[PDB]
Q: 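Opened a PDB file with oseltamivir carboxylate bound to Neuraminidase.
Simply put, chain letters go A, B, ... down the sequence lines. By the PDB entry numbering, chain A shows 82-469, in order. So for chain B, numbering is the PDB entry's, and the shown residues are 82-469, in order. All chain C residue numbers match the PDB entry; in order, they span 82-469. We number chain D the same way the PDB entry does; the residues here are 82-469, in that order. Recorded method is X-ray crystallography, 2.0 Å. Both counts, for ligands and for their atoms, begin at 1 and track the order of listing.
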Protein chains: 4
Amino acid sequence: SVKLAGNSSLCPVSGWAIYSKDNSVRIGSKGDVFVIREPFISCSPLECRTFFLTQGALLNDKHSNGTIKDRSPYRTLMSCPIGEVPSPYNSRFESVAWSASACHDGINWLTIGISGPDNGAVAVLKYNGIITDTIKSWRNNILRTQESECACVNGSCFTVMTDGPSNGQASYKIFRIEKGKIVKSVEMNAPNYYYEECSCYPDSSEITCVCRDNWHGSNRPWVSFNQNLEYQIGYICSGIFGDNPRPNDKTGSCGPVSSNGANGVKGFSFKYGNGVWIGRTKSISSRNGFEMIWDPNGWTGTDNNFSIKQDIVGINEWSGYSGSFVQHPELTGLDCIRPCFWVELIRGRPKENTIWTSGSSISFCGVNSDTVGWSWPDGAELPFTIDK
Amino acid sequence: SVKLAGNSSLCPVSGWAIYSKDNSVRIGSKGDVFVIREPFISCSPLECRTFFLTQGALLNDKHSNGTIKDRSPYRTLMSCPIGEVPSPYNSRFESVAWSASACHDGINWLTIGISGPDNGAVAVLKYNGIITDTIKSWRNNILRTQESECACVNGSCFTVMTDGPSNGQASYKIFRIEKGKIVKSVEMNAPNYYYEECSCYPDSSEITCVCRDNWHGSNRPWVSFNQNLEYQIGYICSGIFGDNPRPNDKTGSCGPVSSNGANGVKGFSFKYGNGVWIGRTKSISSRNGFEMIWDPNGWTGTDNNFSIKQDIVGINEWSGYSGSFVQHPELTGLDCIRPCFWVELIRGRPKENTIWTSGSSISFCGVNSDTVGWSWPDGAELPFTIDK
Amino acid sequence: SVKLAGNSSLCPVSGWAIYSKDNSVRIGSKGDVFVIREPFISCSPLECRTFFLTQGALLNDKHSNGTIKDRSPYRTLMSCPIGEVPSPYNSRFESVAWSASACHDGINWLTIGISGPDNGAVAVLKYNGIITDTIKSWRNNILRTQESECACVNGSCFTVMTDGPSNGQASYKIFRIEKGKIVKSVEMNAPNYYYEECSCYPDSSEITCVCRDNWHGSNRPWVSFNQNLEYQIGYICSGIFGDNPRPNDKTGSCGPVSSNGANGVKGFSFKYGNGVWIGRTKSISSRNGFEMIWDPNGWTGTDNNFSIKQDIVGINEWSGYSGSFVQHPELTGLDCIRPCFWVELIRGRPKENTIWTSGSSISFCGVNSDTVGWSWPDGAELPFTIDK
Amino acid sequence: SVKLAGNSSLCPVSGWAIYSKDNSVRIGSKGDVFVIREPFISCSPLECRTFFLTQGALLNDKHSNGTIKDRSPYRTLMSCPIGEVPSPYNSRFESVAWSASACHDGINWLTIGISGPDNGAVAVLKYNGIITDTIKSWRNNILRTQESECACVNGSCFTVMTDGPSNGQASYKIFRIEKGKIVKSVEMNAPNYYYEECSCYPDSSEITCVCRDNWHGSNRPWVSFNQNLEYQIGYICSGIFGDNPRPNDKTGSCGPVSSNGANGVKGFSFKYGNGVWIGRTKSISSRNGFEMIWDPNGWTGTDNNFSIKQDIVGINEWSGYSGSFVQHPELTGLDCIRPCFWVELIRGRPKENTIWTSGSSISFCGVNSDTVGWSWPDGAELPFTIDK
Ligand SMILES: *[C@@H]1O[C@H](CO[C@@H]2O[C@@H](C)[C@@H](O)[C@@H](O)[C@@H]2O)[C@@H](O[C@@H]2O[C@H](CO)[C@@H](O[C@@H]3O[C@H](CO[C@H]4O[C@H](CO)[C@@H](O)[C@H](O)[C@@H]4O)[C@@H](O)[C@H](O)[C@@H]3O)[C@H](O)[C@H]2NC(C)=O)[C@H](O)[C@H]1NC(C)=O
Ligand SMILES: *[C@@H]1O[C@H](CO)[C@@H](O[C@@H]2O[C@H](CO)[C@@H](O)[C@H](O)[C@H]2NC(C)=O)[C@H](O)[C@H]1NC(C)=O
Ligand SMILES: CCC(CC)O[C@@H]1C=C(C(=O)O)C[C@H](N)[C@H]1NC(C)=O
Ligand SMILES: CCC(CC)O[C@@H]1C=C(C(=O)O)C[C@H](N)[C@H]1NC(C)=O
Ligand SMILES: CCC(CC)O[C@@H]1C=C(C(=O)O)C[C@H](N)[C@H]1NC(C)=O
Ligand SMILES: CCC(CC)O[C@@H]1C=C(C(=O)O)C[C@H](N)[C@H]1NC(C)=O
Ligand SMILES: *[C@@H]1O[C@H](CO)[C@@H](O)[C@H](O)[C@H]1NC(C)=O
Ligand SMILES: *[C@@H]1O[C@H](CO)[C@@H](O)[C@H](O)[C@H]1NC(C)=O
Ligand SMILES: *[C@@H]1O[C@H](CO)[C@@H](O)[C@H](O)[C@H]1NC(C)=O
Ligand SMILES: *[C@@H]1O[C@H](CO)[C@@H](O)[C@H](O)[C@H]1NC(C)=O
Ligand SMILES: *[C@@H]1O[C@H](CO)[C@@H](O)[C@H](O)[C@H]1NC(C)=O
Ligand SMILES: *[C@@H]1O[C@H](CO)[C@@H](O)[C@H](O)[C@H]1NC(C)=O
Ligand SMILES: *[C@@H]1O[C@H](CO)[C@@H](O)[C@H](O)[C@H]1NC(C)=O
Ligand SMILES: *[C@@H]1O[C@H](CO)[C@@H](O)[C@H](O)[C@H]1NC(C)=O
Ligand SMILES: *[C@@H]1O[C@H](CO)[C@@H](O)[C@H](O)[C@H]1NC(C)=O
Ligand SMILES: *[C@@H]1O[C@H](CO)[C@@H](O)[C@H](O)[C@H]1NC(C)=O
Ligand SMILES: [Ca+2]
Ligand SMILES: [Ca+2]
Ligand SMILES: [Ca+2]
Ligand SMILES: [Ca+2]
Ligand SMILES: [Ca+2]
Ligand SMILES: [Ca+2]
Ligand SMILES: [Ca+2]
Ligand SMILES: [Ca+2]
């Protein structure tokens, strides 16, 4: 075992090849599948795994009732192999958690699991399953983190957490973690900005995070930083607005776009010089559909012109959260860090007549070979037996 | 860990010893068993696995409704250990797929998973579960592949894909794949021939495939080739016709036999000089029964005389797809490549009064020791609870 | 990895410590557990496993109907870790089989699985899961074998099979198998004797088998042999009759005891010079209760006196088949071969009002430390939901 | 593999970080989850596992009826990975038992499983799953042991067993066990003391146990001993009484506190010089709530003054058994033995209107980083379908 180097560049990609689909909700109609949300993928040098926050309940059982609720003591972070349904019979226990991150440094898994009360939550860090550190809410208002993989470069792993309001200015901190021990943190000077649920990736020994502005931005904030936590901040300039909700595409801004700026959805994007691969919902108002857009000047330019669009979920089908993951050269044998993404397909409440809320997933990896647009939706027929 | 050599000849065999049976449909009446079709077996130097295309649904659940349908975004290629029922709790996720192939080169698994729309399908190629290449539809008309194992020789693996009409001339391509990367492909010049769902095996460093003529052939087409994809083509001459449907046995042809030629079923045969071991259904009109027939001049001769018949499934019992798989010397310690086969036992629609279609399997290995004819059918009592 | 020597003597034992209980039937009331009979235990140098003949059906499902039936094409030999319920989700497929044996030579697993028609059945032998030999019925009348572990000495494994009538003189053969290849077999000269379902163990480089006389013996036949298949034969002389059914205990015989001699139950016994540890039912007429008796002159003396009895299952509780297994010094680190046994607890037909027949198990290992008699019965409440 | 040294001292801790939660009862409403009680956690140098005593029945199935009952032949000691639900599909079978202990010496697991009748129970000792010894009841009155992990130092493992009345003076023995073989045992001279369900841990090469006085003590008894089983005895002096039931806090005693002394619950405490970390229920009269309390002079001082209290389960929520477990330097890489604990969250009879009694778990590890009080209760909604 050796540390992931994390020093090559992102592989340039022309399209996205489908990687996994788990059909969890479809299968949970009969089988024993966890009620989950906030799924994400992360890879070691040997395998890729789906992480997810369970609700301590299975689909189509009565304890699935009320799972629209975000935070409870029943929620646990757990993981299974990519593409498998998250079942009590195939899933490894990670942490007690209603917000979470994980990532593999090349040697062992780091996991971060926040539980406790809204006014004094605690992140428990584990390295190879052993508790190695904790960090407690500093603003006493729902300490929260990525809901996707943390990022590793040369034995140090990096994440972002937020504490404070979700409808106004909050506090955002960046952490450096080595063998599960926080060795440095910095609070971001980001007035008039808002970061949550950061999708962070390594690229040439530095970390880039694209996040959710729930306060007043329908474009996505970003923060990048080096191993010493010296950071830079911005918003994606493209007029192809990345958040949900959002306005129709028009002239963008390098600051937060206030039109339709309140609320949000967890998302991601990949920076390639001045350009950007944007993943987003197809609907401007609800979590429906998904598409990947290549905008060759979208990182720094404000026009709404793009070069490529690839359909992933159709506009009438349910989507939800999305995030980045990467495959490092140590895993693939390439000479670059490969970009991939997952989409959470949220089913049930609040949009459907169920007592429950849960998600299945799909993921894709970046390639330079031929690809195609389509729709790979969840496909469960709601309501279920328990609802009726 | 070492590449499969694939340079020895096929073991001569006098009969077929039963190797597995999963009883998947019988078990899925209560257990959590995927609805599947298109199963196949493939071996590494250490184990044999069953690969299959799920419908993203479990048996006796309402999501099994309409699983007569061949292609959807829910279908996934998964695998389990030979003879186990395909459950979400024992199945390894491979790829998102409504048509597939897989094989092991002696170092890692290659998997091939075709998904997307009928007019622009994409094969995703994975080596050790990492995406390593893609190939897209070149006739825009249901890109499709073997539904059985690809074949490997000295580090290269080979498969066949079809694109175009299923009731006429189509286009047929052969591929050389090393470590999941397509290193060469050739389009077959095969006018008035039709190939699909090819069953391919290695034999003396070369590949022989026996396929399905869905256009106008009630005997089976074949294609053989070397590692440079220089090929030869033909049809099995035996008057013991291999496809289903087909006419009653009579004088054969070394080109397509047009009588009952349209439509077909995936199948296989093994070439031994001028002779041929034929697997086929017992009914001439539907997928019922299965039998193995040794015809010592059937590869190249057109008479309907044969020397050995061994019963596998009784004529009143449902059958379906069948395909070759091999066990290499590296696995067996023999000095030859051992032929084996599997049979898909299809239950439900169109022939039975259910909302669903699914399959169990049985598999047999060639030996020169004493064997017996019998019937090992699926054994499920239809309809199921969900149908009623 | 080294061959089991098999050259030490049986360990002297004063009593039996409980080793495992799986509660299969109790648990299959709700969970997915196989309908099984003919369970047995066998150990490698690293673990012990339960082997069993499934009925290709789960408990409390409709396909359990009619499982009183002994032979069908749906029956499969499968194995799981000792003490775990036999489920499709924890069980490894071994062979298609309605009669069976298995044993580990120190290097790999040998398995023997008989399937096919009553008038021409075939035993398929596998070594590390690969077919290595077959042997076909020689009397065309239900080729059958041990339903317990075969016995291994220095790289050779030994079993017994019977072919012929179950109500009269039949034919009995002994086999020597190396790496799953039959290297020698002999037919026993045993007129007026009858051997089936032999429980065979190694002891000082020779094999001793205690078996079932279904023709005309209420005491148990035995056969012992050396590695060259030179054999000796006899019946257990003790007046503590070991078969079920049997008479009440009285003066025994060194030939078959005809009183209550027809029919039988698979059983075992362990020889210690002139003495014998007999495992048997508590009832003289049905498969109910179980007890272990030490009779210090019972191998060769005909009195009905014994020195020790240890209760295992109470007289009013269901028992069934039993058999020996051993733990070799390569596994335990002892300087002798440890004797152990399992009991099948048969539930359902013909004695209970169900559509099905199945069994759970218990096992014990011989020790010299303190032990106790009790009852560890099956404990399922019959009938089940599917019966009603 | 190397023996756990066990020679470092206990890590000083300032609070408890949440480590796991299995949600077993919530999940067993639909999933296949064992009815259990008496779980506990123990770790090897590679993993932590949950051990528990099943009732040989699954939740929401009719065989869970009457599971208030402590001792039966159906009860088995099994284990799974920490935080996973105890299911037949993820659980290792360990031993047949209605009382148990287990621990890992750095090389293999020792398991201890007591079954048989109340007047002659036998402890079966296993090392790496092989029977290596037994010990039988020496007072004929429910031989019983820890229900928590044994303690290991330099290849010796230690435990405590009780035999005799649970409402008066009984007999208490300590055992030294090497590779599953009892090498020494001592009967405790403890007149007017009562010990059972001991929680024992290593600390500087010596064992400290904190136990349950069921006779006449509402504080907890303790016994500490060296590797030769030379022991010292006493009761925790703190006026913060540790048992349940108990009186309200007031001046303590260094011998048994008779007020509310009869009856009790399994529990634990960690000694740090003259101080003590106490885990206890929040209710004085029933098994409800749980809290950790640091009393810097509570080992040897009788006042009811304490420094730190940390909430674990809220006072209106069901609690139950609790026990210590440790993580050795060999697992953690620390220079001290880390204390952890678990709490059994009992549901059903006698306090709720069900046919069954079962338990889920939560566990916590000691840290010197920031922590928080909260409530992590069982969370199931009773009654269940089977009760109605
Ligand atoms: C899904 O979940 C909802 C919401 O329920 C809440 O969360 C769930 C998970 C549980 O934790 C509940 O306890 C929570 O309430 C369910 O709605 C609840 O249904 C239950 C069952 O009917 C209701 O509980 C009953 O209420 C009865 C009415 O009592 C009230 O008035 C009487 C005077 O008549 C008075 O005595 C009492 O104090 C109440 O004020 C009561 O008689 C009975 O014993 C029982 O308590 C509960 O009120 C409902 N909650 C809400 C918020 O409406 C759904 O039933 C559930 N659906 C499914 C399909 O499972
Ligand atoms: C049982 O068999 C083993 C062989 O595996 C015998 O052990 C060997 O004996 C020879 C001397 O004849 C030595 O050269 C070897 O070193 C021994 N090998 C091992 C691994 O110990 C043993 O003598 C036989 N025991 C009995 C009881 O007959
Ligand atoms: C805490 C505020 C935050 C942003 C509105 O809510 C998140 C939004 C969510 C959402 O918009 O779907 C669901 C997340 N599970 C939740 N996070 C937490 C920690 O509860
Ligand atoms: C698409 C043409 C082809 C031949 C008619 O269809 C096959 C027929 C099938 C059949 O005869 O059973 C099943 C195959 N799953 C299907 N293949 C695809 C890719 O859908
Ligand atoms: C074949 C004769 C034999 C002895 C009567 O029947 C056995 C009796 C059985 C029994 O007495 O319970 C069950 C065995 N499964 C069966 N063996 C086979 C091969 O069917
Ligand atoms: C046997 C006396 C002892 C103390 C009353 O009983 C314990 C009480 C129990 C309890 O208070 O919950 C549960 C334990 N399973 C039980 N132990 C046994 C061996 O049955
Ligand atoms: C990246 O790191 C590797 C491994 O330490 C090193 O050998 C290589 O020189 C580095 N490459 C670049 C481009 O910095
Ligand atoms: C990577 O980390 C190691 C250990 O701290 C350090 O020695 C090395 O200089 C780092 N490498 C680079 C290229 O920064
Ligand atoms: C086949 O290949 C192996 C491995 O490369 C080689 O050693 C052997 O000589 C070859 N066999 C034949 C029949 O050519
Ligand atoms: C099957 O599909 C048809 C068509 O939509 C529908 O009418 C019927 O209700 C379905 N049956 C089940 C069991 O879902
Ligand atoms: C097998 O492939 C390797 C790599 O191309 C090559 O070195 C070797 O010559 C090949 N052997 C044969 C028989 O073609
Ligand atoms: C069991 O099988 C018989 C066939 O003999 C059938 O008549 C009966 O209805 C079946 N019973 C159940 C409960 O399915
Ligand atoms: C054990 O088997 C080996 C291999 O056949 C043989 O050489 C040896 O003589 C055997 N030993 C005994 C004691 O039979
Ligand atoms: C603890 O044991 C280790 C391993 O044997 C030893 O090296 C060390 O000296 C010991 N420490 C103490 C404090 O006794
Ligand atoms: C349930 O358990 C009780 C013990 O409390 C037992 O005596 C009774 O017979 C059982 N009742 C049913 C309906 O199974
Ligand atoms: C640990 O055990 C070994 C083996 O008995 C012994 O020789 C050694 O002295 C022991 N170490 C200590 C510190 O007791
Ligand atoms: Ca927003
Ligand atoms: Ca642009
Ligand atoms: Ca045809
Ligand atoms: Ca011919
Ligand atoms: Ca008899
Ligand atoms: Ca006698
Ligand atoms: Ca007490
Ligand atoms: Ca105090």
Q: I'm trying to find oseltamivir carboxylate in this model - which ligands or chains should I look at?
A: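 Check ligands 3, 4, 5 and 6.
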Q: Around oseltamivir carboxylate (ligand 4), which other chains have a heavy atom under 4.0 Å away?
A: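 Counting heavy atoms only, the chains are B.
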Q: Output yes when the distance from some N or O of oseltamivir carboxylate (ligand 4) to some N or O of B/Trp179 is under 3.5 Å, and no in every other case.
A: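 In this structure, B/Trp179 places no N or O atom under 3.5 Å from an N or O of oseltamivir carboxylate (ligand 4).
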Q: Distance to 0.1 Å, residue and atom name: give those for the protein heavy atom nearest to atom 4 (C) of oseltamivir carboxylate (ligand 4).
A: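 Sorting protein heavy atoms by distance from atom 4 (C) of oseltamivir carboxylate (ligand 4) puts B/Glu277 OE2, 3.5 Å first.
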Q: Examine oseltamivir carboxylate (ligand 4) and decide if any of its atoms is less than 4.0 Å from a heavy atom belonging to B/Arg118.
A: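 Yes, B/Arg118 has heavy atoms under 4.0 Å from oseltamivir carboxylate (ligand 4).
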Q: Please confirm whether B/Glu425 comes under 4.0 Å of oseltamivir carboxylate (ligand 4), counting heavy atoms of the residue only.
A: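 Under 4.0 Å: no for B/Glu425.
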Q: Define the binding site of oseltamivir carboxylate (ligand 4) at 4.0 Å using heavy atoms, by chain and number.
A: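 By heavy-atom distance, those residues are B/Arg118, B/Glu119, B/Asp151, B/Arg152, B/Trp179, B/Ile223, B/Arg225, B/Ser247, B/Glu277, B/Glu278, B/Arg293, B/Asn295, B/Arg368, B/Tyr402.
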